[PDB]
There are 2 protein chains.
Amino acid sequence: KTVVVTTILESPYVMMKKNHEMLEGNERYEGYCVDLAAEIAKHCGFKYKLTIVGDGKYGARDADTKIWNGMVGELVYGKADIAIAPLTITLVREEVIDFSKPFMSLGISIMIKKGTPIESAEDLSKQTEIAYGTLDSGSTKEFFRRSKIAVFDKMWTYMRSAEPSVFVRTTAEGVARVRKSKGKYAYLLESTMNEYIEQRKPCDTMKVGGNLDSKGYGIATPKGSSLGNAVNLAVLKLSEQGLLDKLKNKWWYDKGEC
Amino acid sequence: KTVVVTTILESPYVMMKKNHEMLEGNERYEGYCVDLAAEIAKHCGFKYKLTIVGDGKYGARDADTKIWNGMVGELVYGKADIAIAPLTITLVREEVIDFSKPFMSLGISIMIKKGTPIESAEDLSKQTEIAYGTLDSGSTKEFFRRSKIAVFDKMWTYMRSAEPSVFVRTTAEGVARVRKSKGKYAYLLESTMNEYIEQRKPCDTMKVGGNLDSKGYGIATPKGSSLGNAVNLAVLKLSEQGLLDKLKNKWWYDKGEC
Ligand SMILES: NS(=O)(=O)c1cc2c(cc1C(F)(F)F)NCNS2(=O)=O
Ligand SMILES: NS(=O)(=O)c1cc2c(cc1C(F)(F)F)NCNS2(=O)=O
Ligand SMILES: N[C@@H](CCC(=O)O)C(=O)O
Ligand SMILES: N[C@@H](CCC(=O)O)C(=O)O
Ligand SMILES: [Zn+2]
Ligand SMILES: [Zn+2]
């Protein structure tokens, strides 16, 4: 049986090839997670089909309906066999899906327009002239929503009631807001995405400060699935052989435009 | 039933208190892993006894008999219920024991005596005046034994046949060897330990270069043990609540001497 792989259009994990229109199936896409999916499938010995998550989200549980959206939803409701994406390992997710050991490290970080008078979270929290927000329906939003650290609770208290909304529906949208806001909008996003954008034209953004936390992305499967074991062993093998490091260099730095 | 916890004396994860010989049971010890064990046991609701691993090793498989030693061996052969220690998650171990998601990140790194003319692993591999080695029966030695990377493979070739031996039986031994060899010995060890030592008197060593790889420590349990599920969830909870970052600050940096 062909394994259905849910993923998400997010640079440089999964992007449309410049000629995707004249290609078919898996060949339409390129990126870090496309390269990783191929290796995983090869070492686990399965055929697969890449599919982009329909609502374009990572996955959160609606407080009202209790329904999971995003890639997590696709796994929970049986629409996909595996997720290969920059999907953060979290407790609430681990409760309904299985994750491999992490294939990539990251932390919440701050993206500013170059020259913006900000050095850290504490700095953002102490002021009001510069707006700031996070992706919607992602692990970053939940981190702020749940935090008990004073600086972070204060940041959440501002963000949840700021108007107009400080939250964006896509990473691309957050970056665009930073670029067009003349230094008046800072964007809280994962260090991996932050680092990738830092190396792309127009070269007008930068990551500042340390990471606010430390965690990892994992390959996700439906709870109890028979795939989980093999996939986890494959990720460990690829980690030790240095493939993950090679892939990061290929898609983040070898490509650098700044 | 009281959970038997295997662990290892390795600063600052598990250390003997100065109060010591006059204390009993778990009270005799302090450190990051002593504190971790306490929070894990609280969240999973078990009582536990800390026991130092008999042979003082992390764990590797004798290539001849295929018998496991160290903390890995204690789990594999039913002598301990759980290992709470700076135990590296690796492919060969995952085949015989279960690991939680990582509670701490690290990479292999180089420790030198201050002033030693060495900037990197490449530097080390290009010369012979400075000897270098790793801990026995650990994941670092295995990393080099298995590595296909040109620098590391060449390093292994030198290490595996150098005389007198460049390998050491404990981390303490590795560090003291560096400190007393007048710059003629470099020690390859995990960045967490290296960074800890760099901040302790006599303040004569230094971590140089980036990490050679990226990985993590996990809490380990016997294959299929029922404890594993609860333990893993406890670690994710502790991660998200910030307790892990708190612990590291307490034991690495709050304690700094240099
Ligand atoms: N340092 S980490 O927590 O992000 C990590 C952990 C493990 C990996 C790989 C990574 C990293 F590449 F993301 F850096 N490999 C498999 N075993 S692991 O210890 O969980
Ligand atoms: N970056 S990491 O690979 O070492 C890591 C991963 C996860 C953690 C914590 C860490 C770190 F603190 F060691 F940094 N928390 C639980 N989930 S995780 O993604 O596996
Ligand atoms: N990687 C995150 C999405 C990005 C973010 O929340 O900043 C997740 O899995 O939800
Ligand atoms: N953390 C290592 C021990 C120290 C080392 O190998 O450098 C292990 O679990 O084997
Ligand atoms: Zn708690
Ligand atoms: Zn033997």
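Each chain is given a letter, A onward, matching its sequence line's place in the list. Numbering, chain A: per the PDB entry, residues 4-261 in sequence. The residue numbers of chain B are those assigned by the PDB entry, with the residues present covering 4-261 sequentially. FYI, side chains are in, hydrogens and waters are out, and symmetry mates aren't considered; it's all heavy atoms of this structure. Counting starts at 1 for both ligands and their atoms, following the listed order. Technique stated in the header: X-ray crystallography, 2.0 Å.
Among the choices tenofovir, hydroflumethiazide, pentostatin, what corresponds to ligand 2 is hydroflumethiazide. The main partner of hydroflumethiazide (ligand 2) in this structure, judged by heavy-atom pairs under 4.5 Å and named as in UniProt, is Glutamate receptor 2.
With a cut-off of 4.0 Å on heavy atoms, the other chains touching hydroflumethiazide (ligand 2) are A, B.
For hydroflumethiazide (ligand 2) and A:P105, the ligand atoms under 4.0 Å from any heavy atom of the residue are 20 (O). Neighbours of hydroflumethiazide (ligand 2) under 4.0 Å (other ligands and ions): ligand 1 (hydroflumethiazide).
Taking distance alone, with nitrogen or oxygen atoms compared against 3.5 Å, B:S242 approaches hydroflumethiazide (ligand 2) more closely than that limit. Note: no N/O pair closer than 3.5 Å links A:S217 and hydroflumethiazide (ligand 2) by distance alone. Under a 4.0 Å heavy-atom criterion, B:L247 is not in contact with hydroflumethiazide (ligand 2). Per UniProt's L-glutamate-binding annotation of chain A, a non-hydrogen atom lies under 4.0 Å from hydroflumethiazide (ligand 2) in no residue. Binding site of hydroflumethiazide (ligand 2) at 4.0 Å, heavy atoms: A:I92, A:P105, A:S108, A:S217, A:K218, A:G219, B:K104, B:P105, B:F106, B:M107, B:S108, B:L239, B:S242.
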